[PDB]
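Just below is one structure, and these are the notes that go with it.
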Amino acid sequence: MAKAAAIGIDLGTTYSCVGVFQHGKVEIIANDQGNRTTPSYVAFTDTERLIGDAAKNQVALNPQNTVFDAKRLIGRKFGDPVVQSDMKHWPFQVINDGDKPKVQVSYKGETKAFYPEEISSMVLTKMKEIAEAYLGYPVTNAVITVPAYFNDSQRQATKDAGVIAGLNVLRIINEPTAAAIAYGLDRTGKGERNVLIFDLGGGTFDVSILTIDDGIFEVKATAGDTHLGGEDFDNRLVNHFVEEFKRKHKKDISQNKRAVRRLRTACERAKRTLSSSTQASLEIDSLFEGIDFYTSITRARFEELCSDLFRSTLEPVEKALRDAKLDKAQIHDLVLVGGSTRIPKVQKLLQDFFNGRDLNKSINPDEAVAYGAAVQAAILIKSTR
Ligand SMILES: Nc1ncnc2c1nc(Cl)n2[C@@H]1O[C@H](CO)[C@@H](O)[C@H]1O
C-alpha cells in the first residue's frame, strides 16, 4: 500500500514538482489550485505560514517575510562569496549562526530564524501533502533531485530537509540524470551514449553532459549561468513597456512599485502566450494615475528584446563540450528542461548550433525532472520490497 509507494520530487530554485509512477504511467500531481508546479516560496504572516502559490501571491505586500531561493543557500557557509553576493539582492534578512546562514523573519508577531534546510523542508512537506491528497493515503518514500554540481555538503543538507519533512529519502539523484531517465535514455542497450541536458529555468541556466554506459551514468561536464533564467526575459519586457508608457503618456512609472509589479506579472503571462502565438496582448486596468494600459507585442519584438540573452546560452554549451572533450556530432541526445525552453527562438538557436538536430521536448520541460525521479523512485521501492 503506502510502504510499496514512492514519489519523485523536483525541488527547484523557483518551482517544485511532484510525480508518482503507478499503473505503468507517470502522473505529475496537480496542487489544490490545479497547478502541476508549485512556487518554492514560504511566507510568514501575522496569522499563518503560507507555502507555494499563496506565498508567491502575497510577496508584494510582505517582501521581508517571504522566503525564496533557499536552494542558493542550502549546504553553504555564511562566509561563502556566493552567499555574501546573493544576500545583497534578497528582501529578507540572512544572519550568521556559527558560520551557517539562517533566514530571519517575523512570524505571528515574533522574530524567528530558520536554516535553509528547514525552509526547504516546508516546501518538501507541501509536495508530500499534494501527493497524499492525490493518492488517498500518506506516502513517505521519495527520490529528491539536486543539480549535478551540488557537492557532498549540499546533498547532505537536501537529504536533511527530506528527513525534517517526514520523508524516507531513497536517493538524492542529479537533475540531468532524472531528465535522461524520463526519456528512457539508459535503456538503449549496450554502448556509451552521450547526452546533453539544456536546462533553462526561472532563475538559473545549466548545461550538463552525461555518458550512459550500460545503465551507469557519468557526468562529463557541467556549465552555465546561475543568474540567467526566465525572470530576466520578463524584466526585458517590463523595460520595453515602461518606455512605451513614457512615449504614449509622457509619464515615468518605474518608481511606482505596484505599477511595476502588475506590469511584471502581466509580462510573464504575455511571454508564455508568445511561445504558442505570434502576438500577445496586455490588458491592465488603471496601471498608473488611472490610465489603462491596453497594448500588444509580437514574438519578433520579444525576440529582439531578449536577443543577446538567448545567444548567451550557447557559450556554456560550447564550454561544456570542450570540458567533456566532445565535438557536436559526438552527442547522441539533446534534452530540454525548464519552462523557458518552450521559447521557440531558444529551440531554434540550440537546434541550429547542433546542425539541425531533433530535440527531446515531448515531456513538459518543467516536469521532466520530477517525471524521471518518479520513475527512479518506483524502481528503487520495488527493489527494497
Ligand atoms: N510557455 C512558456 N514560455 C516561456 N516561458 C515559460 C513558459 N512556461 C513556463 Cl513555466 N515558462 C517559464 O519557465 C520558468 C519556470 O520553469 C518561468 O520563468 C516561467 O515564466
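We're numbering straight along the sequence, starting at 1. Both ligands and their constituent atoms are indexed starting at 1 by order of listing. Excluded from the calculations below are hydrogen atoms, water molecules and symmetry mates; all remaining heavy atoms, backbone and side chain alike, are included.
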message: Any idea which macromolecule ligand 1 contacts most in this entry, and what UniProt calls it?
response: Heat shock 70 kDa protein 1A
Drug name (ligand 1): 8-chloroadenosine
- prompt: Which residues make up the contact shell of 8-chloroadenosine (ligand 1) at 4.0 Å, heavy atoms only?
  reply: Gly202, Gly230, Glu268, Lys271, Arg272, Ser275, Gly339, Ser340, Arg342, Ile343, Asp366
query: How far is atom 6 (C) of 8-chloroadenosine (ligand 1) from its nearest protein heavy atom, and which residue and atom name does that atom have?
result: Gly339 O, 3.3 Å
message: Suppose I only count heavy atoms of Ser275 and a 4.0 Å limit; which atoms of 8-chloroadenosine (ligand 1) are within that range?
response: 1 (N), 2 (C), 3 (N), 4 (C)
query: Relative to the heavy atoms of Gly202, which atoms of 8-chloroadenosine (ligand 1) are at a distance of less than 4.0 Å?
result: 14 (C), 18 (O)
query: What's the shortest distance from atom 1 (N) of 8-chloroadenosine (ligand 1) to any protein heavy atom, and which residue and atom give it?
result: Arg342 CD, 3.4 Å
- request: Report yes if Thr14 has an N/O atom closer than 3.5 Å to an N/O atom of 8-chloroadenosine (ligand 1); otherwise report no.
  value: no
message: Which of the numbered atoms in 8-chloroadenosine (ligand 1) are under 4.0 angstrom from any heavy atom belonging to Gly230?
response: 18 (O)
query: What organism is listed under source for chain A in the PDB header?
result: Homo sapiens
task: Enumerate the ATP-binding residues UniProt records for chain A that place a heavy atom under 4.0 Å from 8-chloroadenosine (ligand 1).
output: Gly202, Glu268, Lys271, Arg272, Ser275, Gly339, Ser340, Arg342
- prompt: Short list, please: which atoms of 8-chloroadenosine (ligand 1) are under 4.0 Å from a heavy atom of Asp366?
  reply: 10 (Cl)
query: In the protein, what heavy atom is nearest to atom 20 (O) of 8-chloroadenosine (ligand 1), and what distance, to one decimal place, separates them?
result: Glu268 OE2, 2.7 Å
message: Show me which atoms of 8-chloroadenosine (ligand 1) lie under 4.0 Å from any heavy atom of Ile343.
response: 4 (C)
